[PDB]
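Below is one structure; the comments refer to it alone.
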Amino acid sequence: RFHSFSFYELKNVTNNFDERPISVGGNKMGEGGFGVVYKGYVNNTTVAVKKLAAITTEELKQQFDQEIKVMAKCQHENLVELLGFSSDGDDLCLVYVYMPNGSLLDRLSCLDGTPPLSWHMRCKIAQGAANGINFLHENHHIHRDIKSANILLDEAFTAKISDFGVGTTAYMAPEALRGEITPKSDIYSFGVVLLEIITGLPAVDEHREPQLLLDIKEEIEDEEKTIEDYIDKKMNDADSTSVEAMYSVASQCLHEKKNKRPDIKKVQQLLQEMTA
Amino acid sequence: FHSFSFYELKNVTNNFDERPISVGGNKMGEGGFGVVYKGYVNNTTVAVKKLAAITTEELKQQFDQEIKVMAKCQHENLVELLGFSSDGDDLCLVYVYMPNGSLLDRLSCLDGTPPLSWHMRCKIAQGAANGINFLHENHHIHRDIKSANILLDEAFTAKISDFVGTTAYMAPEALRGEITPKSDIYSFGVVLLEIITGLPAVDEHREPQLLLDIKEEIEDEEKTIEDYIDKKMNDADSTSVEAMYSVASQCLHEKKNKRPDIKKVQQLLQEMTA
Ligand SMILES: Cc1ccc(C(=O)Nc2ccc(CN3CCN(C)CC3)c(C(F)(F)F)c2)cc1C#Cc1cnc2cccnn12
Ligand SMILES: Cc1ccc(C(=O)Nc2ccc(CN3CCN(C)CC3)c(C(F)(F)F)c2)cc1C#Cc1cnc2cccnn12
Ligand SMILES: [Co+2]
Ligand SMILES: [Co+2]
Ligand SMILES: [Co+2]
Ligand SMILES: [Co+2]
């Protein structure tokens, strides 16, 4: 299943856990979630290495085992993969396969000058994220934090659902803001994600009206606006038909009432008929 | 310049097909008192403004005034007027087509074009400043300086164009009716903010709605310029970004006599490039 790494290999491969950012040539790509994450290269693969730091050194462990426990079950083309771990001396380390095209969020915003995603590619990424969510649901997992920053992209730009360390309020369904734990909340957050894919806009912008992307649904329903007004201008290949089809899916996902939202298999089917 | 027969530009524009170019028509846009069409003649891709109805002979006077000013405005950084057509009706002005469109469209990455790098943006700023400087040396006030009026050729060389004012770009004294080149400087400062941020000059749904108001926020230290930098560049170092922001801040001074003149702006952008 998992390759058992030794802490000292992981130390050597991250260049002794170089803390300088990769933009400068170091190995540190991120922080947060009770650990720092470093780019490395092991077993002929570029990898992401999360080294856990120290609150209560036993709850760290708790989280360490939990992640391995859940990641063991979750293996799918459209999920991020846990290569292995190290329970070895000094620290705890988790090793994931590195996705070189980053998050869907960064590419939608064209961070660092990457070219804009085409509509074809956007459609395929939506289908893939839907498939990964479907795997999570079929096997009785709730993601509880679906967002564009939790969708990574590999060399081929295939969607890989991730969960970096109760959710993100700009993506949260009303019932989830009230404490309910259900997959239908995942479907709602995914509807927000589809709005991001269509518009290229972030989910929340404090300096924008509306501040929340989901509210554009209202503006379109009250016919103060239309979807064409919000289409990302950074594509030349987007046809009105399939854009409206994706918007329909997203709108159905964003129903305030959780039992009126489609399940993930329904979404899958609608996104299929979108490009069929 | 070249005198065209009206039927020639009619032939070359597909009889002034008014459908937009995206539909397969020839209409590039709506400017001044006429419509702008794409055409091709004499080994040159051209933009043809056909003027329409406003008193008719004042139309002819504007036509003649444009030919007179553009006839002796030939510069690397200005739009190049190729010719015209005055036989009967209508009046037509022919310019050389700029295939990379306007700075506004490229800053917004319209139709999926890649984002302009920081280096390219700096060279475009310098070129636009050179065009303004040419205009000002020859005692011309532009009166409508905006990113939509900065075109770009195959090499991304900035070309100033014109087709009163745009309120998101206007200096306070220009809003009160004054006519001075110092207003041009203020508008250029807005353009520089656009180049830094990728943001449009006005956004009705944004706080603030006017990009120029970010200066206040930065000066009132509610924010920093790094908060506003376009994310769509990987080559923007903090030093030269802050340098161009300084230039834009000086250009945006409310007191017209406290703004630098165009040559000082050229010097400052120059030093920014190092
Ligand atoms: C450091 C790191 C830590 C954790 C995870 C991670 O995604 N863990 C994960 C945990 C649980 C679940 C499923 N559960 C969710 C909770 N829910 C309550 C139950 C179901 C899933 C899921 F993928 F399946 F979704 C993933 C990924 C990375 C990464 C990475 C990485 C790889 N390449 C790059 C390139 C740039 C940045 N990162 N990066
Ligand atoms: C059709 C057309 C007509 C006119 C002009 C035009 O800019 N005329 C102009 C007239 C006067 C002046 C001088 N100022 C003196 C002081 N006066 C108060 C203001 C005026 C200047 C100036 F360049 F010098 F600025 C320019 C450009 C075009 C174009 C075009 C074109 C070509 N390719 C493309 C690609 C995309 C979009 N457009 N486009
Ligand atoms: Co604020
Ligand atoms: Co001829
Ligand atoms: Co350089
Ligand atoms: Co509104």
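The chain called A is the first sequence line; B is the second; the pattern continues. Residue numbering for chain A follows the PDB entry, covering 164-217, 221-331, 349-459 in order. The numbers used for chain B are those of the PDB entry, and the residues that appear cover 165-217, 221-330, 349-459, in sequence. Each ligand, and each atom within it, is numbered from 1 in the order the structure gives. Recorded method is X-ray crystallography, 2.4 Å.
Short version: main partner of ligand 2, named per UniProt, is Interleukin-1 receptor-associated kinase 4. Among the choices ponatinib, ivosidenib, silodosin, paromomycin, elexacaftor, the one modelled at ligand 2 is ponatinib. Other chains near ponatinib (ligand 2) (heavy atoms under 4.0 Å), by letter: B.
The binding site of ponatinib (ligand 2) (heavy atoms under 4.0 Å) is made of B/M192, B/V200, B/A211, B/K213, B/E233, B/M237, B/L245, B/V246, B/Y262, B/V263, B/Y264, B/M265, B/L302, B/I308, B/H309, B/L318, B/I327, B/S328, B/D329, B/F330.
Residue-to-ligand polar distances place B/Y262 within reach of ponatinib (ligand 2): an N/O pair is separated by less than 3.5 Å. By the 3.5 Å distance cut-off applied to N or O atoms, B/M265 is counted among the residues near ponatinib (ligand 2). The organism that the entry gives for chain B is Homo sapiens. Most of what chain B uses to contact ponatinib (ligand 2) comes from UniProt domain Protein kinase. Intersecting the UniProt ATP-binding annotation for chain B with heavy-atom proximity to ponatinib (ligand 2) (under 4.0 Å) gives B/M192, B/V200, B/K213, B/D329. By minimum heavy-atom distance to 1 Å, the UniProt active-site residue of chain B closest to ponatinib (ligand 2) is B/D311, 6 Å. Taking any N or O of B/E233, backbone or side chain, at least one lies under 3.5 Å from an N or O belonging to ponatinib (ligand 2). Where the criterion is an N or O separation shorter than 3.5 Å, residue side chain and backbone included, B/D329 meets it with respect to ponatinib (ligand 2).
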